[PDB]
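Here is the structure we will look at, set down as structure tokens.
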6 protein chains.
Amino acid sequence: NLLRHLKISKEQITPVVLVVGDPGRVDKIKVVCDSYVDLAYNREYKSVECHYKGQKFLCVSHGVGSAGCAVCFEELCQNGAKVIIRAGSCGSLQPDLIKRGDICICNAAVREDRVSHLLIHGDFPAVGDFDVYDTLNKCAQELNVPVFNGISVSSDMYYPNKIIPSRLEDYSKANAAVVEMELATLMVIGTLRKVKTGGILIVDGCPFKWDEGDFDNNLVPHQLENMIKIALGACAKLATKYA
Amino acid sequence: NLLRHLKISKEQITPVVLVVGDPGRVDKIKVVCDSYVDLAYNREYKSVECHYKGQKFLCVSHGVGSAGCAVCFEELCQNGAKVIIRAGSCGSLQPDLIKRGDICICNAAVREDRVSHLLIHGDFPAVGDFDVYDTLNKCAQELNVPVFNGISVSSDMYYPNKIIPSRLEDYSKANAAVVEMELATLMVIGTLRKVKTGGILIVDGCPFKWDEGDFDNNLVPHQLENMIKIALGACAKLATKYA
Amino acid sequence: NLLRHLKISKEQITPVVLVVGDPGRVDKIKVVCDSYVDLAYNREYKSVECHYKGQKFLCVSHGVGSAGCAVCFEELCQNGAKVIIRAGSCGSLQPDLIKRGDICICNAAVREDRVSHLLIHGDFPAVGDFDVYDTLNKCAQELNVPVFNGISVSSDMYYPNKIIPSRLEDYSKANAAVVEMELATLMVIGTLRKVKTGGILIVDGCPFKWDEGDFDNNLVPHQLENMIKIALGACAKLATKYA
Amino acid sequence: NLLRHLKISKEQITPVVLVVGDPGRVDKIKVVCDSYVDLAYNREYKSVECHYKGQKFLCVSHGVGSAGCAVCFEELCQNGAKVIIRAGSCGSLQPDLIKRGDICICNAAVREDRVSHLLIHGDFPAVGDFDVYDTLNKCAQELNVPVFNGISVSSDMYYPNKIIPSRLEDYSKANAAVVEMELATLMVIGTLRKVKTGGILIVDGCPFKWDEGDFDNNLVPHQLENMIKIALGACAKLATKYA
Amino acid sequence: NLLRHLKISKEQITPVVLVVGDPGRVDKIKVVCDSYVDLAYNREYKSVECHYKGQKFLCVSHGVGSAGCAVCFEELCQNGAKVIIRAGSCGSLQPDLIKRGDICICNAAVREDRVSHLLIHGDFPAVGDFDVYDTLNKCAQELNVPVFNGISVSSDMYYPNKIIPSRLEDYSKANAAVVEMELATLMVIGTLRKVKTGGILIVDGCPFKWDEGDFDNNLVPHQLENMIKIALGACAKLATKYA
Amino acid sequence: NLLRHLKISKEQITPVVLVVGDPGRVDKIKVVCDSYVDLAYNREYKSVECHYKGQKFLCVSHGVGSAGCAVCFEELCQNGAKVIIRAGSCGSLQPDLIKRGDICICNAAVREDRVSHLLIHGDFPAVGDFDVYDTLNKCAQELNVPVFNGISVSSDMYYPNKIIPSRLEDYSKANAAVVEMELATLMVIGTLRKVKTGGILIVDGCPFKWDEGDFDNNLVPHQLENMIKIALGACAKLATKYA
Ligand SMILES: O=c1[nH]cnc2c([C@@H]3N[C@H](CO)[C@@H](O)[C@H]3O)c[nH]c12
Ligand SMILES: O=c1[nH]cnc2c([C@@H]3N[C@H](CO)[C@@H](O)[C@H]3O)c[nH]c12
Ligand SMILES: O=c1[nH]cnc2c([C@@H]3N[C@H](CO)[C@@H](O)[C@H]3O)c[nH]c12
Ligand SMILES: O=c1[nH]cnc2c([C@@H]3N[C@H](CO)[C@@H](O)[C@H]3O)c[nH]c12
Ligand SMILES: O=c1[nH]cnc2c([C@@H]3N[C@H](CO)[C@@H](O)[C@H]3O)c[nH]c12
Ligand SMILES: O=c1[nH]cnc2c([C@@H]3N[C@H](CO)[C@@H](O)[C@H]3O)c[nH]c12
């Protein structure tokens, strides 16, 4: 009995799961683990069992956008997942403080999607699990990797238009740290399904300055590597609790 | 230079574009053409230039979900595309009429997403271009493939919960024929960007009966084949004009 | 029995109905038909059975405003009407392309009313029927009357204030062609009551330039006549199929 | 210059105006006054200068519907009107207390329309003038005509459907006394334009019991006569004050 | 048994109740009456029975804010109160007309709170009881104390931020006269619970000019005294009837 | 000068502040500290400087309700406060797990208020600070006091009615642990003003079971005492960071 989109089975899902947007990232991550086992690759959902520091945990891609990652999260959550951490890139909403290559560990997010709203009233908060957040921060510390912490704007609109103003500036003034497209959806589904969520992101630019060239098409190896070591370090530590 | 996510160039975009959800479908579609030229494959976005009936039109996958597909559509719309037709699967909202395997050509959709709303007020209608819609029907007729016509509910939620009621039943009563996850976004973006759009779908089940086993993990072969034939034919005809 | 406001009987309703706003316009139309038969006149609703090219179809006024025209359309749709085509005036939202006298056939509208929302969720599209739209266009073609095609903004507010800004500018940018006050309501009511709908309009000005005198109290004589011909033609053709 | 819809000049507008919905009603009232002067009749808007008790004031019909009567009310408010009292019919939302033929003078109203919201935020109250309200109740008293007082639900939807529940039950529980289609609109435009407003209504049924036949196509003759005298009386008193 | 927050029994509640925000204002009021009886003091809720002009009635403080006062109004309304009149301070939204020290008797309010919305749909009006409104204006007249009349904006936000614009300017244009923090909540709860409400306020500054020093930490003494006399006077006339 | 409502000077505000609902409660708290200094008592806002474990910090009452507490929180945040911890009571939304007397430390909340929405869009999350959250949890551990952790629903409605359904059952299903009236307001204002917030609460009942007598008028003594020690110890620890 395979999951509609993940195409893996309930028994293949581990208590801890690391999710990334791009299926290509999963290939690049598994290779940095001690060992790995490919499980499946359907549509944009690539699943690979990872082995790191004596721990077992999956790495599944969820694709771009909230609606699509929700399919992934729901299938994981409703079939055994206990801890889901997202690792990806984001834009800066505090250009004078957080810049390209920087890593931010988010504890909550703005719900600028639709799926979470079709799941629960807008007043409900999109908040991650403290423990996942704390473990991600401690691993960063142990790897002597400096990081930022804050709220992420999870917006379904990457390319804004000139009719309806973007709420990015409002949220910047509101002290939101960064902007991406999945975290809020992950957090809300997680709390509704009693699954611990977290999120660590690396900055690839600032949407306020895209027209100025404030955007990297590719991340600096060293930096991306650091964020991955943190994420993997965290999953390993969190998985130990369910071994 | 390449487009951020598609990874192709402005010159590589044909005036007509056939968009699908699964990147694997693009492969299964390219082979059935006279000849093709693989262009790129980034994340869930595979771009192949198709050759059919002496015409040139691209076949691009947009992934699952509106936020992710809007990324695809915006990059196409803002870089040359004059016509975009979505071909994918959907669910039936009229079980006593539309069953598994049936094909439906839609001309309008329910905007149960968030990205379109971040673009223009919700009162704005998500409607396809008439000619595209008509062209799709004439091809279905020439090929002698009976099809339905109607409104598709484009919802960002695939797996509903037990707290906030789904609006599928209401829309069913409102006479909406089908339910999927991207059309409404395509139409709205098309209208704003002045790009003609249309959509044709093949039913894979009925969400009101998933619990009773009404769902196909695999689309009906001959029906899928006919739909793709209709789509390719329609794309070929429309492409002709622009050439 | 008689319908509450139209004061006509169910048996007096023809499958095809032509609806106008001003009841004084229903008299001007009946006189250009081969023959007619006055049915009733209550409040702002004047009903007449028109005879044209061997076909019989009613011509009913619906008054200004969505709420009032809804009362008229509900009684028509719930008592026999199968097709309803609205013919009236509108303002241009594209002053550089669409000017006074011009005629526009719309296939969708912006739901800036309240009745449609009291009837169905705001995400539902206000879209007219394909055949009706096609018919109107072909009839315009045969008469060699050049017409525009696009979305209409149906707003309950004719006279804007200075507190809450008008959304017309946004819709103009979103590529909506014109603006009037009843099309969206007709469309939604029809989709709900399985009644084919459509609309054709003649421009009497541009709300963006009213203060500059850009507005006609009287419609362009010949242009109005052409629209009426197109309308009567489409009714005749549609009434034939139903008979 | 004539108003766009009313087709009367600015100098033809008296400080006090009595508005009814049916243009036929304006004729049946003018004859009950000492004398009168027919001013104009365009669309559903018929205007007549009434002479009663040595005082002068217009009687203009507004048609069925919030959007329609708004065009009327705006043209009057922006051109002289200081006081506008609406007298029409309504349904009871309190079947055990308010019944057919009963008269209700309303001080406030539920804004279930769209134009008011396009004018100011929904939080703003639809409330009439205390003095107008007061003069109406006193004219009723001097005529020994018992009347009810309360809130009117002004809803753009006359014929409800079975998808989106009607809020009428809710408002009945909230103690709204009556239901009609124009009062809230008049009150909001009025406070915004600094025009005093009020309304008197006669009950023709109870929408909760329409299916049982709790409705009258024709109002109780004498009861209708009383309400109109109260209205004409109130109008005369206020007009005097404005003399 | 004692009400949860007021800590008084149902038998200690009189048909007429005068509410104020500051519990300190209660002590300053009782000594201006012929006599009094301290009832209770819990949290910000101070109740005292007042004896004025041979009539009995309570004076209860409700604290700052719509949610806190709703708790107060509900315990009073669900346990006997028939009339509740609020007497407090407010800011001016019409600095060209209403100044510090001026008194305003309000008949309706803008519902910029949340409690009233969790009680009834937003379209419902926040309107006071006419008799109460009239009784206050007449007492004012008998005391030769000029007063203003108008709509009050009851907003939950006292200190605006720079991200989301304040709606006060919009409401000033809409002609709202004054702004405070509990009137609309009292009115709505009142209408729902069949309790008659009213409100008399004294201006302590204008929020549009706080940055220019337009604010009084202490209200104009003589003026505050006049308003308190108008209130006690009104409470006496109203309590008289019930007795 | 003094803060408008709290009546204390900017210089009298310490970096860490302990806020509570009942002013009567701050007097009961200062007495358990080493020493204290009364600062002011205006309306429901009582301010006292507390000296505890070699540290200093204020304890201020904010009264019942979000609009009321916001006044308190704004005056504190805009004048030097760096950390604000709310210690209050709450109702349980999980009667089978969390019971009366139990203590719950919250890190996020549902924004069922108006003020926070008047400061920023609803999608913004109401989340507390991690350090504060962890500090409170660590202090609980050291004192060997078991506590629950979870989301609190902050709702402006204490007494619901029968027209509009309460959302409490929904949030119970969405896994929110408890319900109170001011935490979401504090969190939002904190994030906007760059002030670290937190919240610890003691259960006094279950709103789902009030009708069955599931409510304590008096908080469980030893449990209340335990919670206060946790709050005082947390404030002391956090204040150390600013010494
Ligand atoms: O500046 C940005 N805005 C919005 N999303 C992203 C992302 C993340 N990368 C993906 C889009 O490239 C998507 O998954 C999003 O979550 C990186 N930078 C940005
Ligand atoms: O019953 C259905 N509900 C929602 N989406 C789909 C789909 C389409 N397939 C994809 C999800 O498998 C997604 O792209 C969606 O548009 C098929 N059947 C259904
Ligand atoms: O510029 C315009 N704005 C809004 N409505 C109209 C109309 C149509 N005419 C009527 C109002 O005169 C109304 O029925 C509306 O649909 C013409 N021009 C305009
Ligand atoms: O039961 C009712 N519901 C809604 N409107 C009305 C009316 C009034 N009469 C008109 C519709 O016949 C319309 O102007 C409306 O305001 C009478 N009875 C009812
Ligand atoms: O300018 C103002 N804005 C908002 N509220 C008030 C008030 C009233 N005083 C209290 C706040 O100080 C609160 O009860 C409010 O209703 C006085 N002046 C103003
Ligand atoms: O069951 C409950 N619902 C809502 N608030 C509270 C409270 C807290 N107590 C106060 C209301 O009594 C208010 O400050 C609120 O935050 C205790 N129990 C409940």
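In what follows, every chain begins at residue 1, and chains take the letters A, B, ... in the order their sequences are listed. All heavy atoms count here, side chains included; hydrogens, waters and symmetry mates do not. Order of listing sets the numbers, starting from 1, for every ligand and every atom in it. Structure method, as recorded: X-ray crystallography, 2.2 Å.
The chain forming the most contacts with ligand 4 in this entry appears in UniProt as Purine nucleoside phosphorylase.
Given sorbinil, forodesine, ganciclovir, the drug or candidate at ligand 4 is forodesine. At a heavy-atom cut-off of 4.0 Å, the other chains in contact with forodesine (ligand 4) are listed as C, D. Nearest protein neighbour of atom 4 (C) of forodesine (ligand 4), counting heavy atoms only, is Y158(D) CD1, 3.6 Å.
The protein heavy atom nearest to atom 7 (C) of forodesine (ligand 4) is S89(D) O, 3.6 Å. For the ligand labelled forodesine (ligand 4), residue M157(D) lies outside the 4.0 Å heavy-atom shell. Among protein heavy atoms, atom 12 (O) of forodesine (ligand 4) sits closest to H5(C) NE2, 2.8 Å.
For atom 5 (N) of forodesine (ligand 4), the nearest protein heavy atom (residue, atom name, distance) is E180(D) CA, 3.5 Å. Closest heavy-atom approach to atom 3 (N) of forodesine (ligand 4) within the set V20(D), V71(C), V179(D): this belongs to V179(D). Using a 4.0 Å heavy-atom cut-off, the UniProt phosphate-binding residues of chain D near forodesine (ligand 4) come down to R86(D), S89(D).
Counting only heavy atoms of the protein, atom 10 (C) of forodesine (ligand 4) lies nearest to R43(C) NH2, 4.0 Å.
Note on forodesine (ligand 4): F215(D) sits outside its first shell, no heavy atom being nearer than 4.0 Å. Within the structure, the closest approach of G205(D) to forodesine (ligand 4) does not fall below 4.0 Å when heavy atoms are considered. The overlap between the UniProt purine D-ribonucleoside-binding residues of chain D and the residues with a heavy atom under 4.0 Å from forodesine (ligand 4) is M181(D), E182(D).
Nearest to forodesine (ligand 4) among the UniProt active-site residues of chain D, at a heavy-atom distance rounded to 1 Å, is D204(D), 3 Å. Here the protein heavy atom with the shortest distance to atom 13 (C) of forodesine (ligand 4) is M181(D) SD, 3.7 Å.
Atom 18 (N) of forodesine (ligand 4) has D204(D) OD1, 2.8 Å as its closest protein atom, hydrogens excluded (heavy atom only). Binding site of forodesine (ligand 4) at 4.0 Å, heavy atoms: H5(C), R43(C), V64(D), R86(D), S89(D), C90(D), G91(D), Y158(D), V179(D), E180(D), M181(D), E182(D), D204(D), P207(D), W210(D).
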Per-pair distances, forodesine (ligand 4) N/O vs protein N/O, less than 3.5 Å:
{"residue": "forodesine (ligand 4)", "atom": "9 (N)", "partner": "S89(D)", "partner atom": "OG", "Å": "3.3"}
{"residue": "forodesine (ligand 4)", "atom": "12 (O)", "partner": "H5(C)", "partner atom": "NE2", "Å": "2.8"}
{"residue": "forodesine (ligand 4)", "atom": "14 (O)", "partner": "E182(D)", "partner atom": "OE1", "Å": "3.2"}
{"residue": "forodesine (ligand 4)", "atom": "14 (O)", "partner": "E182(D)", "partner atom": "OE2", "Å": "3.1"}
{"residue": "forodesine (ligand 4)", "atom": "16 (O)", "partner": "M181(D)", "partner atom": "N", "Å": "2.8"}
{"residue": "forodesine (ligand 4)", "atom": "16 (O)", "partner": "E182(D)", "partner atom": "OE1", "Å": "2.9"}
{"residue": "forodesine (ligand 4)", "atom": "18 (N)", "partner": "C90(D)", "partner atom": "O", "Å": "3.4"}
{"residue": "forodesine (ligand 4)", "atom": "18 (N)", "partner": "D204(D)", "partner atom": "OD1", "Å": "2.8"}
{"residue": "forodesine (ligand 4)", "atom": "18 (N)", "partner": "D204(D)", "partner atom": "OD2", "Å": "3.3"}

